[PDB]
Novice: 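Structure incoming, see below.
Sequence lines map to chains A, B, C, ... one by one, in the order shown. Chain A is numbered as in the PDB entry; shown residues: 1-108, in order. Residues 2021-2113, in that order, are what chain B shows, numbered as in the PDB entry. When a ligand or atom number is given, it counts from 1 through the structure's own listing order.
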Amino acid sequence: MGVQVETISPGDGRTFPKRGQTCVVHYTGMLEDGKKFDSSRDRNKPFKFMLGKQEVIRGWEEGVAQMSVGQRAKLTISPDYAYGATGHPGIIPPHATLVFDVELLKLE
Amino acid sequence: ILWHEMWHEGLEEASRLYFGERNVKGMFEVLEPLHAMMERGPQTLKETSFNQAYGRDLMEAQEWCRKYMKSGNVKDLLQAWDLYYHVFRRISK
Ligand SMILES: CO[C@H]1C[C@@H]2CC[C@@H](C)[C@@](O)(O2)C(=O)C(=O)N2CCCC[C@H]2C(=O)O[C@H]([C@H](C)C[C@@H]2CC[C@@H](O)[C@H](OC)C2)CC(=O)[C@H](C)/C=C(\C)[C@@H](O)[C@@H](OC)C(=O)[C@H](C)C[C@H](C)/C=C/C=C/C=C/1C
Ligand SMILES: [Cl-]
Ligand SMILES: [Cl-]
Ligand SMILES: [Cl-]
Ligand SMILES: [Cl-]
Ligand SMILES: [Zn+2]
Ligand SMILES: [Zn+2]
Ligand SMILES: [Zn+2]
Ligand SMILES: [Zn+2]
Ligand SMILES: [Zn+2]
Ligand SMILES: [Zn+2]
Ligand SMILES: [Zn+2]
Ligand SMILES: [Zn+2]
């Protein structure tokens, strides 16, 4: 639908993010063609965020919530679950399907 | 009112205007007064303490904003928000 999750390597299949829990992830963001626009791995600093706060796009909110600790997954996010018709001028084109390589390192 | 709370509220609102509503002018409207407040210099010990802690980071974020205003290159604006995000996390209790 809006976000498809395909496992690259498995987690414990038991430790899923709760409410008020901080997800710690490494991500690589690419356009559908496969052109990289961002990576936390380029900065050697994991990205931290809290689920259910609308801090991140809907695809991450619903995608990362399905992942268990240790899991590396590919998220294919349709425009309506990403930056939609508007996109982000000079970053994300209009109507862009985004592919994120996401690794859920731990929860805090 | 404490400089860290004014910067917390301003950076949060500015990020909402730019990333939420694709409104760079609105973002700049929120940031300019806070940068001006810094430029007037610290008055209290807590304001002096804040300026010493995060003065450098906030100055480099403004520099990237000025570079963006000339270039029109969003990459320069994302560099500024990388520093603003860094400051936001450090200052936020
Ligand atoms: C410099 O680089 C940017 C990130 C870039 C922007 C461009 C995109 C291609 C991208 O490269 O990230 C990217 O990889 C991406 O698409 N991301 C980032 C990784 C998570 C998934 C996705 C995303 O949702 O980003 C986010 C997306 C771009 C915008 C948001 C999408 C959800 C929507 O509900 C929000 O409405 C407001 C806006 C960016 C973020 O993850 C950052 C952390 C969070 C926010 C800005 C908002 O949650 C904001 O709301 C007030 C906050 O609470 C913040 C913490 C307040 C403080 C002061 C501001 C911090 C700002 C940090 C900015 C950073 C590091
Ligand atoms: Cl960490
Ligand atoms: Cl925890
Ligand atoms: Cl808050
Ligand atoms: Cl705070
Ligand atoms: Zn947060
Ligand atoms: Zn914890
Ligand atoms: Zn940590
Ligand atoms: Zn303070
Ligand atoms: Zn706040
Ligand atoms: Zn710093
Ligand atoms: Zn500089
Ligand atoms: Zn930082």
Novice: Per the PDB entry, what is the name of the chain that shares the largest number of close contacts with ligand 1?
Specialist: Peptidyl-prolyl cis-trans isomerase FKBP1A
Novice: Select the option from rapamycin, volasertib, glecaprevir that matches the molecule at ligand 1.
Specialist: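 It is rapamycin.
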Novice: List the other chains with a heavy atom under 4.0 Å from rapamycin.
Specialist: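 Heavy-atom neighbours of rapamycin: A, B.
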Novice: Could you list the atoms of rapamycin found under 4.0 angstrom from a heavy atom of A/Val56?
Specialist: 20 (C), 24 (O), 31 (C), 32 (C), 41 (O)
Novice: Please confirm whether A/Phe100 comes under 4.0 Å of rapamycin, counting heavy atoms of the residue only.
Specialist: yes
Novice: Determine whether any heavy atom of A/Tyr83 lies closer than 4.0 Å to an atom of rapamycin.
Specialist: yes
Novice: Heavy-atom distances under 4.0 Å are what count here, so tell me which part of A/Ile57 touches rapamycin: side chain, backbone, both or neither.
Specialist: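 Near rapamycin, A/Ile57 shows its backbone as well as its side chain.
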Novice: Going by the PDB entry, what's the name of chain B?
Specialist: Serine/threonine-protein kinase mTOR
Novice: Residue-wise, which UniProt domain of chain A is most involved in contacts with rapamycin?
Specialist: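 Per UniProt, it's PPIase FKBP-type.
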Novice: Using a heavy-atom cut-off of under 4.0 Å, does the side chain or the backbone of A/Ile92 touch rapamycin, or both, or neither?
Specialist: side chain
Novice: Is B/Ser2035 in contact with rapamycin, taking contact as a heavy-atom separation below 4.0 Å?
Specialist: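 Under 4.0 Å: yes for B/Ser2035.
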Novice: Which residues of the other chains approach rapamycin to under 4.0 Å (heavy-atom distance)?
Specialist: A/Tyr27, A/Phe37, A/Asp38, A/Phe47, A/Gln54, A/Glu55, A/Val56, A/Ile57, A/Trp60, A/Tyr83, A/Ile91, A/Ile92, A/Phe100, B/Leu2031, B/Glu2032, B/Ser2035, B/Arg2036, B/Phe2039, B/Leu2098, B/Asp2102, B/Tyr2105, B/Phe2108
